[PDB]
Amino acid sequence: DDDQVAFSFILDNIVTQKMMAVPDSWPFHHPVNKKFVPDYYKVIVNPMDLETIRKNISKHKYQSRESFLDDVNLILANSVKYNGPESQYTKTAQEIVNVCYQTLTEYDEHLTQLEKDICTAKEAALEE
Amino acid sequence: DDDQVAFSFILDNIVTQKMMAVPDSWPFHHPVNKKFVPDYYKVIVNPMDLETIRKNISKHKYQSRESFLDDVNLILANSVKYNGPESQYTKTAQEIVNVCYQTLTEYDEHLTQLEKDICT
Ligand SMILES: CC[C@@H]1C(=O)N(C)c2cnc(Nc3ccc(C(=O)NC4CCN(C)CC4)cc3OC)nc2N1C1CCCC1
Ligand SMILES: CC[C@@H]1C(=O)N(C)c2cnc(Nc3ccc(C(=O)NC4CCN(C)CC4)cc3OC)nc2N1C1CCCC1
Ligand SMILES: CC[C@@H]1C(=O)N(C)c2cnc(Nc3ccc(C(=O)NC4CCN(C)CC4)cc3OC)nc2N1C1CCCC1
Ligand SMILES: CC[C@@H]1C(=O)N(C)c2cnc(Nc3ccc(C(=O)NC4CCN(C)CC4)cc3OC)nc2N1C1CCCC1
């Protein structure tokens, strides 16, 4: 029962303590306000930000690194398309991605254990 | 779609800030260790405690007050059966239930809205 809660708990701390701690990362903490910036949402088909990711964590959307990294990489891919590949904002998003992979790698063996246990538990549960 | 996370978050603060705060409530904060007290689990068929309630909350098990109160009332009902109706332990367990309904009622009007939006 503990494993999904623990994994989400770790992800959410990686976000708040490492990713949101990157200098000048504030533009990526919250969604672009669509009421104010409509052109953003005509350009970006799948907008993403760290707050949306935290909401996903709190709902336990991520059961492994891979779908979590999909949304994290999306924050960079969107920045590339809207701000340009050489933008200061994009360089900041690049750093957010790097610190993410750096942190996951530092805890690889622990996260792999959580992922295995989350996945075997869903197997046994549904079987039942 | 914030509503289940919001309802779970409120329940968890009622537990840590109000229920676990009644004096001498510590015996009800964690399970009876079955390795040391086997007679508890031969007498009590559905043992319950605050930490198990918190884990269920973190799993979003409770989608309304009704199933949440079932597990809270279980902690008293178990104490009546094992410790006696008149025990000091049972008296404190009564206060945990009392502060629980007292806190839920104070925010009743906010929680009913959360419950509706969870079902929708
Ligand atoms: C879409 C481009 C890029 C991006 O990729 N993302 C994700 C982004 C997301 N959210 C924001 N948000 C805000 C940006 C600026 C302001 C703000 O208050 N700016 C002041 C306005 C008055 N002016 C005299 C001084 C500056 C408020 C924002 O949200 C409340 N900006 C973002 N930026 C950039 C980061 C700074 C410029 C725009
Ligand atoms: C973006 C995550 C999510 C969400 O969706 N929203 C919108 C949200 C909006 N506001 C909050 N707010 C607070 C969250 C935690 C605390 C807090 O830690 N309080 C302590 C409790 C113990 N006490 C001894 C000391 C103080 C206070 C908050 O506001 C005052 N949390 C939110 N969460 C929650 C956070 C992760 C799970 C859900
Ligand atoms: C009978 C059950 C009843 C109950 O209703 N519940 C739920 C309960 C749950 N958990 C406990 N747990 C522990 C109770 C006492 C101790 C402990 O270390 N006590 C010392 C033992 C030796 N020492 C020299 C003197 C005191 C550790 C416990 O868990 C780590 N006790 C419970 N109690 C009572 C609450 C005080 C007495 C027993
Ligand atoms: C039933 C409780 C449940 C559970 O199932 N278990 C087993 C659990 C075990 N350990 C913890 N531990 C910690 C929980 C919160 C914090 C914390 O708030 N840390 C902040 C991090 C940022 N800052 C540097 C310091 C403040 C630290 C914890 O460990 C030291 N929490 C648990 N939870 C949590 C409750 C819902 C989510 C997870």
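Read the sequence lines top to bottom; their chains are A, B, and onward. Chain A is numbered as in the PDB entry, which gives 1501-1628 for the residues shown. Using the numbering of the PDB entry, the residues shown for chain B are 1501-1620, in order. Every heavy atom of this structure was used, including side-chain atoms; hydrogens, water molecules and symmetry mates were not. When a ligand or atom number is given, it counts from 1 through the structure's own listing order.
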A.B. asks: Looking at ligand 1, which of BI 2536, AT-9010, GDC-0834, LSZ102, ARQ 092 is present there?
C.D. replies: BI 2536
A.B. asks: Main binding partner of BI 2536 (ligand 1) in this structure, as named by the PDB entry?
C.D. replies: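 Main partner, per contacts: Transcription initiation factor TFIID subunit 1.
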A.B. asks: Return the other chains, by letter, having a non-hydrogen atom closer than 4.0 Å to BI 2536 (ligand 1).
C.D. replies: A
A.B. asks: Heavy atoms of the protein only: does one fall short of 4.0 Å from atom 18 (O) of BI 2536 (ligand 1)?
C.D. replies: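 No, because not a single protein heavy atom sits under 4.0 Å from atom 18 (O) of BI 2536 (ligand 1).
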A.B. asks: With a 4.0 Å cut-off, strictly under, does atom 7 (C) of BI 2536 (ligand 1) pick up any protein heavy atom?
C.D. replies: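 Yes; the ligand atom in question has protein heavy-atom contact below 4.0 Å.
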A.B. asks: For atom 26 (C) of BI 2536 (ligand 1), is some protein heavy-atom partner under 4.0 Å away?
C.D. replies: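 No; the ligand atom in question lacks any protein heavy-atom contact below 4.0 Å.
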A.B. asks: May I ask whether A/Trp1526 places a heavy atom under 4.0 Å from BI 2536 (ligand 1)?
C.D. replies: yes
A.B. asks: With heavy-atom distances below 4.0 Å as the criterion, list the atoms of BI 2536 (ligand 1) near A/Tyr1589.
C.D. replies: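 What qualifies from BI 2536 (ligand 1) is 34 (C), 35 (C), 36 (C), 37 (C).
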A.B. asks: Can an N or O of A/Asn1583 be found at a distance shorter than 3.5 Å from an N or O of BI 2536 (ligand 1)?
C.D. replies: yes
A.B. asks: I'd love to know which UniProt domain in chain A has the most residues in contact with BI 2536 (ligand 1).
C.D. replies: Bromo 2
A.B. asks: May I ask you to list the atoms of BI 2536 (ligand 1) that are less than 4.0 angstrom from any heavy atom of A/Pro1527?
C.D. replies: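 Counting atoms of BI 2536 (ligand 1) from 1, those under 4.0 Å from A/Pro1527 are 6 (N), 7 (C), 8 (C), 9 (C), 10 (N), 32 (C), 35 (C).
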A.B. asks: Okay, next thing: residues with a heavy atom within 4.0 Å of BI 2536 (ligand 1) - which are they?
C.D. replies: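 With non-hydrogen atoms counted, the site is A/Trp1526, A/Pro1527, A/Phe1528, A/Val1532, A/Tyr1582, A/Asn1583, A/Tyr1589.
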